[PDB]
**Q** 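Ixazomib + Proteasome subunit beta, experimental structure. Questions below.
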There are 8 protein chains.
Amino acid sequence: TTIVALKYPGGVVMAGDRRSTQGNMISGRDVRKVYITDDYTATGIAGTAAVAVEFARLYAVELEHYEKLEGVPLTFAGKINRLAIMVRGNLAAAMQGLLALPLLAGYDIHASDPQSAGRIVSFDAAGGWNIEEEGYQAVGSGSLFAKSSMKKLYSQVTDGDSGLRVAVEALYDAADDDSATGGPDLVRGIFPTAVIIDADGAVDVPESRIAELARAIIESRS
Amino acid sequence: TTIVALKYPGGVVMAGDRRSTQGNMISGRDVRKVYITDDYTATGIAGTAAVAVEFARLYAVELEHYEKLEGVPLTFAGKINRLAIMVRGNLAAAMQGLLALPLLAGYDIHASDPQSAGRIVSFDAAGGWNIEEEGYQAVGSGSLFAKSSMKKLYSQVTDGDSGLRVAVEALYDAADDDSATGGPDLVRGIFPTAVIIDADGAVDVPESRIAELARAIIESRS
Amino acid sequence: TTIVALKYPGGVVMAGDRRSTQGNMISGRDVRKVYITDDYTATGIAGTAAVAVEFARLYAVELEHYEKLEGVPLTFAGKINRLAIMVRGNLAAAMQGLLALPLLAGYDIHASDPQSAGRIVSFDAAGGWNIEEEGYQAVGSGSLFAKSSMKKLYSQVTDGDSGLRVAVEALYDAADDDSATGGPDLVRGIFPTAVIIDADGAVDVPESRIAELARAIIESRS
Amino acid sequence: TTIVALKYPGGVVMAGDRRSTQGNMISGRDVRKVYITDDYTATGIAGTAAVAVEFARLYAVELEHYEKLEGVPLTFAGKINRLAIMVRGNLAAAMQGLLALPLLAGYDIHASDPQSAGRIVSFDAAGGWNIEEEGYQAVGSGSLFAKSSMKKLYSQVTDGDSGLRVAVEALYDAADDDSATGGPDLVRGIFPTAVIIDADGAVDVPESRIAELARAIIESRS
Amino acid sequence: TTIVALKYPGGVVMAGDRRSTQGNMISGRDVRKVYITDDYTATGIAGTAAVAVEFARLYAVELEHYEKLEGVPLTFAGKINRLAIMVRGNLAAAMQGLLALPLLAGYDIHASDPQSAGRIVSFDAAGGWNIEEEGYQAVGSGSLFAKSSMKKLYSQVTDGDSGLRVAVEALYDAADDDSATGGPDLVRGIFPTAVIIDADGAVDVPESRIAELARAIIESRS
Amino acid sequence: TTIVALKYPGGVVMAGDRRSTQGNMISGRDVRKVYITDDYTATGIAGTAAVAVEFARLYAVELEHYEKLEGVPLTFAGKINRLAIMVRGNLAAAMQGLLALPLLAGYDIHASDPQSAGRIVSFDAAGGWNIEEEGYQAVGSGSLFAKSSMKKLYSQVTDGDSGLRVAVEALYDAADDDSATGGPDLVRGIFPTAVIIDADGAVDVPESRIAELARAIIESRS
Amino acid sequence: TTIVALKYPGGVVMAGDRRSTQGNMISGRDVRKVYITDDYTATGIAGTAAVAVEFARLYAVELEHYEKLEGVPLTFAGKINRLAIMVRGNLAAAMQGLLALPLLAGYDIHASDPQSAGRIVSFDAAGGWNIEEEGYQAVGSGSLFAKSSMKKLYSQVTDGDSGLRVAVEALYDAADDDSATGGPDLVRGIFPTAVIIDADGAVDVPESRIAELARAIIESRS
Amino acid sequence: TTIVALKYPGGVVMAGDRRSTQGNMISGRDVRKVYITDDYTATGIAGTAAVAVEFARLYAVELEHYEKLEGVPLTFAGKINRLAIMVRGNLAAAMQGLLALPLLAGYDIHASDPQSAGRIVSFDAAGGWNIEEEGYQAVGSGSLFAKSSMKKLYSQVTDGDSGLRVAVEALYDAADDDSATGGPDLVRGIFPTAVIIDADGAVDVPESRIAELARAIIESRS
Ligand SMILES: CC(C)C[C@H](NC(=O)CNC(=O)c1cc(Cl)ccc1Cl)B(O)O
Ligand SMILES: CC(C)C[C@H](NC(=O)CNC(=O)c1cc(Cl)ccc1Cl)B(O)O
Ligand SMILES: CC(C)C[C@H](NC(=O)CNC(=O)c1cc(Cl)ccc1Cl)B(O)O
Ligand SMILES: CC(C)C[C@H](NC(=O)CNC(=O)c1cc(Cl)ccc1Cl)B(O)O
Ligand SMILES: CC(C)C[C@H](NC(=O)CNC(=O)c1cc(Cl)ccc1Cl)B(O)O
Ligand SMILES: CC(C)C[C@H](NC(=O)CNC(=O)c1cc(Cl)ccc1Cl)B(O)O
Ligand SMILES: CC(C)C[C@H](NC(=O)CNC(=O)c1cc(Cl)ccc1Cl)B(O)O
Ligand SMILES: CC(C)C[C@H](NC(=O)CNC(=O)c1cc(Cl)ccc1Cl)B(O)O
């Protein structure tokens with residue numbers, strides 16, 4: 001499992017793979033690991049699948065409940081605090097074998113400068129959170145390879161297309177180096193999933209663009 | 001790791017993959033797991049790499065030493081006994097984490113009927129050996145999937161080409177179902193390795209034929 | 001124990017065996033492992049017998065109770081959520097030796113296209129659920145052999161008869177490869193049990209058809 | 001695994017099944033578990049396969065070595081003592097998971113009365129031996145069912161044919177009650193193996209007679 | 001301890017022995033292990049004596065309480081459910097050394113066909129219940145020998161006398177093979193206890209008939 | 001297991017039962033537990049069967065070897081010392097589950113008074129020996145009941161017949177109170193075994209006398 | 001600790017850092033971790049310092065001893081075998097906390113093509129060795145970051161200068177990502193150490209070139 | 001992690017580093033570890049990050065809550081007591097791996113002499129607090145080196161500038177001796193953070209002054 005997120009001038013882009021394994025046996029081929037929490041926020045959780053889906057559905061319900069009750073949406077710090085509390089509450093279950101690690105991406109509409117409005121937040125198993133300032137982050141078992149690839153490929157990002165290409169390349173490198181991460185499937189036609197957040201909101205990326213980018217990358221590497 | 005062996009009218013064919021892993025991290029991409037022990041015998045070992053290479057080199061040296069000392073090669077039962085003794089001697093090291101499991105294929109020149117001269121022998125961790133009579137066998141972590149594929153694909157085998165195609169298809173299915181088994185690599189150009197034993201001896205299969213068969217299988221599955 | 005389920009154009013078919021064992025001793029010969037929960041849903045549970053019957057009776061009562069209380073039946077997602085909650089609640093008892101794993105098959109009447117209305121859902125020990133998209137699934141100790149047989153026999157399915165024949169063949173292969181699965185009994189006259197769900201509801205398959213199919217398969221293999 | 005032995009006026013008959021299992025997985029279908037040690041003695045060992053074959057080959061070599069050295073064969077008590085010593089020496093390996101339990105059948109040529117010359121000897125894990133006086137014995141995991149069947153079917157034995165039929169029926173009952181024992185296979189054509197010892201020596205029973213007896217028993221039970 | 005139950009055309013018959021032991025020391029010689037719960041149901045419990053008597057007295061009180069409260073007796077399925085709940089509630093005490101295993105026999109007055117109205121129900125340590133369809137069942141430490149004897153002696157049962165004789169013979173065989181089961185005592189005059197249930201209700205069998213049957217069986221075996 | 005020995009004016013008498021058990025399962029019905037070591041000494045061993053037979057055969061061989069080497073038999077104290085050394089050497093194997101406890105009876109030919117020449121010696125698990133002076137001793141799991149019966153029945157002993165009757169009665173009481181001790185079998189015709197040692201040597205008692213005594217005792221108790 | 005090795009047309013280059021730590025405390029600032037074993041071979045060991053120096057001095061002495069004894073140097077395979085034996089012999093000490101992992105670089109003078117004569121060999125804790133075919137390798141705790149940097153920077157290598165620059169950059173990245181690896185020190189003037197092997201032999205790189213390259217890299221990153 | 005605090009005539013100065021590590025891997029480069037609790041008090045916590053932020057936010061909220069409720073701020077002893085209670089309450093979580101150790105600096109406005117109004121308070125894991133009287137204190141894993149540096153550099157402190165320079169030098173020495181402490185970064189431009197408290201309140205130090213001081217110190221050491 002590997003989920004990447006990065007910033008471009010105008011917003012953020014988040015991408016994730018589709019492989020689910022049970023030890024060394026492949027169990028799932030088209031799992032979706034990226035969710036749209038609200039109009040300007042996306043979350044990606046790694047670890048036990050059931051805990052991840054439960055956390056995602058609970059977080060979405062809590063945000064919607066607050067928005068309906070108070071008539072106004074929460075600020076970014078409030079959402080970070082709620083997610084940190086949810087993560088901290090699972091420490092006892094995080095031990096003994098039910099662990100979930102989230103990653104958050106968002107667009108701040110209250111920021112003075114619209115260009116620097118994209119935010120990426122990472123979390124730890126004890127509930128501590130950190131706001132990234134380097135422009136990219138990765139979570140999962142193949143996060144080190146993806147981070148090392150982005151460290152070299154980040155100079156090419158100029159807009160959304162460049163960032164999406166860099167994210168796909170990082171996922172490809174992570175799948176190349178890790179056996180628990182699923183690479184592109186050309187026999188079946190399964191590709192990673194991406195979400196792009198900008199001033200107009202959060203939109204899912206169509207699969208044709210990702211397929212074209214993956215084919216171009218595969219041709220380049222060959 | 002998955003090594004398959006099967007019989008065709010005239011001889012035997014053995015095939016193996018090339019992936020080496022350390023947990024969930026990929027460590028080796030072009031490992032060779034099939035050896036030619038002598039003019040009419042091939043061996044394939046699964047498990048710890050160092051133990052496998054040590055076992056193979058030791059077995060070859062022992063066979064050559066006996067042949068040079070006595071002026072006549074050993075019979076098939078003698079080779080089986082020597083391999084079983086070698087396996088039985090590693091029981092203590094097989095426990096605690098140094099395990100090697102071999103599979104043997106051969107052609108008997110003393111058999112009355114040259115058609116039914118191919119032999120396949122399997123071994124267990126305690127040193128017990130079994131001579132196969134169904135026509136195929138597989139060893140490794142993905143052996144169950146390969147065996148289940150051969151159970152359905154064995155009716156098509158008529159000669160060496162048919163058997164080689166069936167072996168490649170079984171390896172492909174094993175790699176599809178298991179993450180510790182390496183599939184064909186078209187970006188890099190790495191394919192499984194095969195050895196064919198018949199009345200003229202044991203010969204390594206050139207990589208072009210295996211590449212053609214793998215491409216045909218991939219096109220068929222797509 | 002092995003329970004299989006598969007999709008055909010028009011609906012779904014689920015099949016199960018009849019053997020119950022206590023270690024290596026045979027305890028039961030005509031156990032029924034497939035239940036009709038409601039007019040359009042079937043469930044099959046593997047594991048401890050008492051837990052399975054308790055889970056089945058409880059699930060049926062809960063569905064009927066909701067239908068009577070609200071005057072309208074639940075949707076498919078609601079039933080999946082209820083089953084997942086029931087499975088998740090038994091985690092503590094799943095450890096230490098009281099484990100039950102269910103498999104769900106159903107027909108969605110709210111789907112726009114009646115042809116693609118059959119659904120198959122699998123579950124894990126932690127309460128996570130997955131909706132199948134390949135067309136078949138198996139649960140139990142012999143599920144791997146049945147899945148590997150269906151992977152090769154799925155191209156022949158065209159209607160209900162073809163699917164039933166494929167399911168019986170998969171159960172036969174699972175019983176051939178596993179000793180904890182009961183095969184057809186011709187001395188006594190005991191055969192697996194099947195349920196077919198289509199637009200008209202869920203119907204139990206009469207035993208004469210299954211006996212004829214099993215006899216044909218046995219004759220073919222001989 | 002189940003091996004039976006019984007006495008008839010004129011000699012002894014020993015029979016055994018052909019199933020080999022690894023837990024709940026079937027590993028072997030045509031294993032031979034009955035050996036002819038010398039001209040008037042047969043042995044059947046249950047437990048770990050490798051230990052059983054090693055014990056059998058060692059016992060045969062020791063008997064032949066003594067016969068060649070001294071120019072005269074050993075008496076029955078000497079053979080019993082040698083087998084008991086061999087069993088007693090494996091106590092340490094019998095613990096921790098390498099256990100072999102033998103059963104011996106023989107014809108005494110030094111007995112005054114040729115009619116009462118058949119002997120059956122059983123052994124325990126500590127090396128103690130017992131000479132049977134009831135006329136039948138069984139070893140293995142399904143020995144209780146076979147013994148209970150012979151207790152009722154022993155009144156019909158008059159000659160070799162009657163004893164062979166009773167032995168086949170006892171093996172059939174043991175396979176009916178135990179899942180680790182292999183029953184007759186009519187799809188493949190595999191049947192238990194039998195050895196008959198009389199004043200002329202020890203002879204293997206041809207498979208046609210056993211197939212006919214098994215078919216008759218199956219027809220009777222149906 | 002061994003309790004047997006079997007079906008004959010017209011009803012059911014249940015029988016039990018009288019030995020109570022504390023390790024290898026004999027503690028009781030005339031213990032009664034079969035109870036008449038109501039007008040058409042009998043129960044026999046094996047295991048710890050105190051738990052068995054407590055379970056029996058509690059079950060009888062519960063059935064009588066329901067009958068008095070509702071003015072109508074429970075159906076057979078309700079009684080089975082109550083007994084299963086009672087057994088399931090003792091799982092924690094079943095572990096660590098307070099185990100009780102029941103067996104139930106009854107006559108259904110609501111059945112359409114009076115001939116096939118006898119029912120035999122067995123239970124497991126986790127609370128799972130099974131309805132027998134072969135015609136006989138045994139519980140206790142000597143149940144295997146009794147079952148194997150009934151498997152051969154069931155063809156002679158035609159009416160109540162035949163069934164009672166078969167039950168006494170099965171108990172005799174169980175006592176012959178097991179040392180924890182008490183056989184007939186001719187020095188003291190103590191014999192097993194039996195209960196016969198038919199359309200007129202459940203009646204205890206007088207001891208003279210059982211003594212005559214036991215004497216006849218002993219004479220036959222001598 | 002219970003072995004009794006007692007003194008009468010003129011010599012000694014030793015008796016033993018014939019039951020062999022494996023837990024609560026009966027394994028042997030006609031085991032012989034009393035041996036004649038030499039012309040004036042008898043030994044009876046209780047515990048593990050194999051250890052007992054090994055000890056007996058070894059003791060006999062050692063006594064014969066000394067007699068042949070030195071040309072003169074050992075004295076009684078020397079035999080006691082040899083037996084005590086043999087018992088002491090098995091202490092390590094006596095722990096962990098291989099225990100053998102002997103009892104010795106003999107006639108001293110060097111005693112001044114021929115009337116008081118019978119000797120009974122008992123041993124403990126550490127190798128300590130004691131010479132009895134009360135006139136009787138018992139070994140085994142039912143030794144307490146036999147000793148308590150002899151304490152009351154010893155006043156009737158006058159000669160060999162009286163002592164034999166008392167020994168049979170003590171064995172009968174031990175079998176009555178203990179389930180691991182075999183009583184007289186009238187269906188099969190198996191009775192305890194006795195040895196009588198006097199000035200003329202040690203003689204085995206014929207079975208007819210023991211059968212008559214057992215029948216008389218059974219009639220008296222009835 | 002991080003040691004890198006890579007191939008360029010004409011030979012090989014190996015580089016290593018200088019930090020030694022004891023937990024989180026810095027103990028050494030100018031440790032040398034790269035040795036020249038002979039005229040055409042270099043070795044770099046990571047792990048416990050004392051074991052590394054002992055292994056290096058022993059390997060050099062063994063190679064020199066063989067060269068002096070036989071009058072001819074060993075071949076490359078012989079050196080690999082000797083190093084593998086030395087590593088395998090320390091398995092017991094490798095456990096419990098004395099671990100040393102080597103990496104070997106060399107130039108083969110017996111190769112037909114002088115361009116492709118550079119060899120890089122890696123080893124595992126059990127004694128297994130692998131010959132690299134991708135052109136670079138890294139060992140130590142920061143090996144993953146260095147490998148990921150070389151995977152992107154390898155396309156620039158054309159000659160010795162390019163390879164040395166790439167090696168220094170990889171070491172810089174490893175020190176950036178790992179706290180147990182020492183980076184360039186400009187206050188003190190301490191830089192990594194490098195060895196270059198080509199057709200003329202193995203030569204140590206002067207520190208001025210490495211200082212210039214490190215200053216250029218630092219200026220580029222700033 | 002290292003946080004230093006010291007006194008100068010007129011007030012106090014507190015400084016801290018910016019490195020966050022996870023074992024031997026660097027995780028954070030610009031972490032802020034010094035907080036302004038109120039107008040005259042600063043706190044610095046070392047240990048687990050999440051616990052530190054939670055403690056800081058809770059302490060600030062508690063102080064503000066008391067000030068708003070009572071209309072008057074707490075005295076210094078009251079704040080010390082509240083912090084000690086908060087530390088004491090985490091003892092159970094301090095064990096097993098969630099430890100936080102604070103350090104407090106403040107200016108007392110109720111002191112008679114404004115010159116000697118700066119206070120430094122240290123705490124232990126059990127909740128005990130100590131008021132420093134030597135003029136400086138350090139907390140963290142590199143506190144010993146910083147304390148030993150201040151012991152020699154304290155004679156130069158005359159005003160705020162001297163104290164700030166001494167604090168930066170102590171942090172530099174701690175980073176030199178400890179690998180878990182971050183030193184000045186000139187490639188990226190990250191420097192430690194400082195807070196100065198005097199009669200006018202608590203003010204954050206601008207980064208330009210700290211950068212100038214760090215550059216001067218680095219030039220001096222070179
Ligand atoms: C979203 C999620 C797929 C993340 C990934 N985790 C897993 O796949 C872990 N796997 C299971 O939880 C699991 C899945 C099934 Cl089907 C059965 C049993 C188990 Cl144990 B990842 O690589 O980190
Ligand atoms: C021939 C052999 C490759 C067989 C296969 N086994 C392994 O790959 C096991 N792996 C290692 O031994 C190993 C390899 C390295 Cl590079 C480092 C550490 C370890 Cl621990 B297989 O899949 O069964
Ligand atoms: C529906 C159910 C039969 C499923 C199957 N499970 C079992 O048979 C497990 N067996 C028992 O639970 C059990 C049965 C009895 Cl009669 C007594 C004791 C025990 Cl322990 B399967 O193969 O997975
Ligand atoms: C002669 C012998 C077949 C007797 C029987 N024992 C076994 O089958 C036990 N099985 C193995 O030893 C064994 C066989 C293989 Cl192929 C692989 C691993 C193992 Cl662990 B029996 O039922 O008692
Ligand atoms: C109805 C009952 C007699 C059943 C049987 N169980 C027992 O006899 C077990 N025995 C005791 O519980 C017991 C009896 C006494 Cl007197 C003292 C101590 C103990 Cl521990 B059976 O064979 O299964
Ligand atoms: C002479 C001897 C029969 C004495 C008696 N001991 C035993 O019977 C103990 N039993 C066995 O040793 C034994 C017998 C067999 Cl057939 C199989 C396994 C075992 Cl474990 B006694 O009651 O003290
Ligand atoms: C060549 C060698 C420096 C390699 C490196 N290993 C170490 O530094 C380990 N450290 C010690 O062994 C050690 C050093 C001292 Cl001064 C005192 C105690 C210890 Cl325990 B590396 O990073 O892998
Ligand atoms: C304020 C705080 C940074 C103090 C320092 N502590 C730590 O850095 C400890 N580290 C973590 O807690 C931690 C950080 C992350 Cl990103 C992930 C996992 C863990 Cl486990 B120090 O050196 O004492």
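In what follows, chains carry the letters A, B, and so on, assigned in the order in which the sequence lines appear, proteins first and then strands, with residues in each chain numbered from 1. Heavy-atom basis, side chains included; hydrogens, waters and symmetry copies ignored. In listed order, ligands and their atoms are each counted from 1. We show just part of the entry here, counting contacts only within that part.
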**Q** Which other chains does a heavy-atom search at under 4.0 Å around ixazomib (ligand 1) pick up?
**A** A
**Q** List the residues forming the binding site of ixazomib (ligand 1), heavy atoms under 4.0 Å.
**A** A/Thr1, A/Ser20, A/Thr21, A/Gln22, A/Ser27, A/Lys33, A/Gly47, A/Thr48, A/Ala49
**Q** For chain A, which organism does the PDB list?
**A** Mycobacterium tuberculosis
**Q** What atoms of ixazomib (ligand 1) come within less than 4.0 Å of a heavy atom belonging to A/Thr21?
**A** 7 (C), 8 (O), 9 (C), 10 (N)
**Q** At what distance is the nearest protein heavy atom to atom 12 (O) of ixazomib (ligand 1), and which residue and atom is it?
**A** A/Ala49 N, 3.6 Å
**Q** Tell me whether A/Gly47 has any N or O atom under 3.5 angstrom from an N or O of ixazomib (ligand 1).
**A** yes
**Q** Check this for me - ixazomib (ligand 1), A/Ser27, N or O atoms closer than 3.5 angstrom, yes or no?
**A** no
